[PDB]
Novice: 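I'm staring at ethacrynic acid bound to Glutathione S-transferase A1, N-terminally processed and have questions.
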Number of protein chains: 2
Amino acid sequence: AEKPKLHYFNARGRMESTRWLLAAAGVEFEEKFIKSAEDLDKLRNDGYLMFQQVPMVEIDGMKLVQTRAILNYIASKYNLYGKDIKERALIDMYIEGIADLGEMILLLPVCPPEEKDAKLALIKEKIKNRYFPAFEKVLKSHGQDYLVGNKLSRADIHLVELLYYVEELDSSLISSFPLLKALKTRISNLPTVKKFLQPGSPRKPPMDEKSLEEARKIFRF
Amino acid sequence: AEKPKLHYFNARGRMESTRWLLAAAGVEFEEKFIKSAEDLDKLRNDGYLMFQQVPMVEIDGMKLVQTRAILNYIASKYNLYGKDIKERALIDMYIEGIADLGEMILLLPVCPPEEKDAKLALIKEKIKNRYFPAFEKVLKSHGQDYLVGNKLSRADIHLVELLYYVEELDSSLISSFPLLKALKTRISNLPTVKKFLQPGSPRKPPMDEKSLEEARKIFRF
Ligand SMILES: C=C(CC)C(=O)c1ccc(OCC(=O)O)c(Cl)c1Cl
Ligand SMILES: C=C(CC)C(=O)c1ccc(OCC(=O)O)c(Cl)c1Cl
């Protein structure tokens with residue numbers, strides 16, 4: 001087809017950021033949910049997954065796997081990856097920091113109960129003292145509406161997406177970072193993003209106990 | 001200066017792949033080793049590390065952090081990132097799989113003693129059954145000397161680098177993969193790579209107990 005088919009579990013997981021990028025880009029996509037391990041095996045046996053895993057994203061005739069390979073293609077294809085090689089360097093540096101913090105928040109649900117309070121406290125300390133300050137500082141420096149090159153880029157989409165997850169964790173964290181708050185509002189008002197934020201869009205809900213059990217069953221983790 | 005300064009601990013760690021890429025590219029670089037936590041704090045306080053961590057790589061007037069942002073810039077700057085957007089998608093998909101397997105091998109030293117035999121057995125099973133087969137299959141498909149676009153790219157450098165580490169883990173693993181063995185030899189004979197492989201080059205040795213203690217001291221992990 002002409003629409004990108006995203007293959008994954010019906011959840012946030014590792015496919016969510018791809019969803020935010022496609023939507024922010026204004027691209028319509030289909031989602032082929034993996035309901036059972038039989039489904040995942042069918043794909044593996046069909047030879048659609050190079051490294052046996054998902055996310056997988058049928059786009060432009062390719063069966064792309066590995067989150068970063070997917071995001072990189074999409075971001076490039078829709079002019080969300082900066083203008084030159086030097087801009088892409090700043091974007092990559094910002095979004096890999098975002099991806100680091102985000103990987104911590106993502107694994108929190110499957111964190112050992114005895115650790116959960118410490119991991120959560122570690123994460124709040126990195127947000128307050130390391131990442132938010134860094135990004136606030138970038139916005140404060142050029143005083144422009146966007147993080148890189150005074151134009152919308154994947155850096156803004158990925159950052160704002162993280163700002164929502166952090167809000168769900170503790171709304172007070174962003175309070176001392178006015179420029180980040182501003183960016184959150186600003187990007188949230190873009191017609192494409194605003195539509196993704198509304199009810200009924202393919203945006204996914206935070207994971208709970210019920211869905212986590214179904215997932216670690218199929219994927220086994 | 002005109003030469004890239006790599007700031008890191010005197011070890012393989014997270015900076016090694018940058019070393020293999022620069023060298024394979026034929027670029028000369030300086031290394032400013034971090035001998036003590038005082039050194040690492042000096043950098044942090046000087047404001048050279050955006051997210052407070054290293055590797056950090058002064059290149060082209062930028063102070064790049066985050067391994068992938070660094071590798072991406074270098075690979076682009078020296079024409080090792082494919083010709084078009086679709087080639088970069090295959091490269092990214094291959095090298096992120098390589099980076100996954102590689103992250104497992106990298107953490108093996110700091111793995112809990114009770115686990116070490118299982119992690120090591122897990123890793124040998126993924127190599128034999130998932131990654132090597134996948135890459136052997138790519139080479140077998142186009143029957144060309146390189147992984148992507150019949151030209152040398154970062155995919156070849158990063159793969160071969162991993163082939164060495166796997167050799168150090170168990171030389172028998174690659175035996176059933178003749179095309180990978182071939183690629184290992186072929187890339188190892190490129191004048192630039194061959195020079196990096198020789199004694200005295202900035203290539204780093206596998207980590208031992210002595211150096212691991214010094215490192216987790218400074219970096220604290
Ligand atoms: C919340 C999570 C629990 C660790 C999580 O991030 C996660 C990891 C892998 C998953 O699928 C497999 C995949 O390949 O992503 C899924 Cl569905 C989730 Cl939700
Ligand atoms: C062997 C290792 C032990 C876990 C390892 O990969 C590692 C991790 C971080 C390290 O520095 C800090 C950094 O930011 O990379 C270093 Cl020097 C090493 Cl060797």
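Note on naming: letters A, B, ... go to the chains in the order of the sequence lines (proteins, then strands), and numbering restarts at 1 for each one. Just so it is clear, the values below take in all heavy atoms, side chains as well, and ignore hydrogens, waters and symmetry mates. We count ligands from 1, going down the list as the structure has it; atoms in each ligand are counted the same way.
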Novice: Provide the letters of the other chains having heavy-atom distances to ethacrynic acid (ligand 1) under 4.0 Å.
Specialist: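 The other chains with a heavy atom that near are A.
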Novice: Report the overlap between the UniProt glutathione-binding residues of chain A and the residues with a heavy atom under 4.0 Å from ethacrynic acid (ligand 1).
Specialist: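 Short answer: the UniProt residues with a heavy atom that close are A/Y8, A/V54.
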Novice: Which species does the entry list for chain A?
Specialist: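 The entry lists the source of chain A as Homo sapiens.
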Novice: For ethacrynic acid (ligand 1), what covalent attachment (residue plus atom) does the entry record, if any?
Specialist: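 The deposited model shows no covalent tie.
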Novice: Which residues and nucleotides from other chains come within 4.0 Å of ethacrynic acid (ligand 1), counting heavy atoms only?
Specialist: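 On a heavy-atom basis, the binding site is A/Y8, A/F9, A/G13, A/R14, A/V54, A/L106, A/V110, A/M207, A/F219, A/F221.
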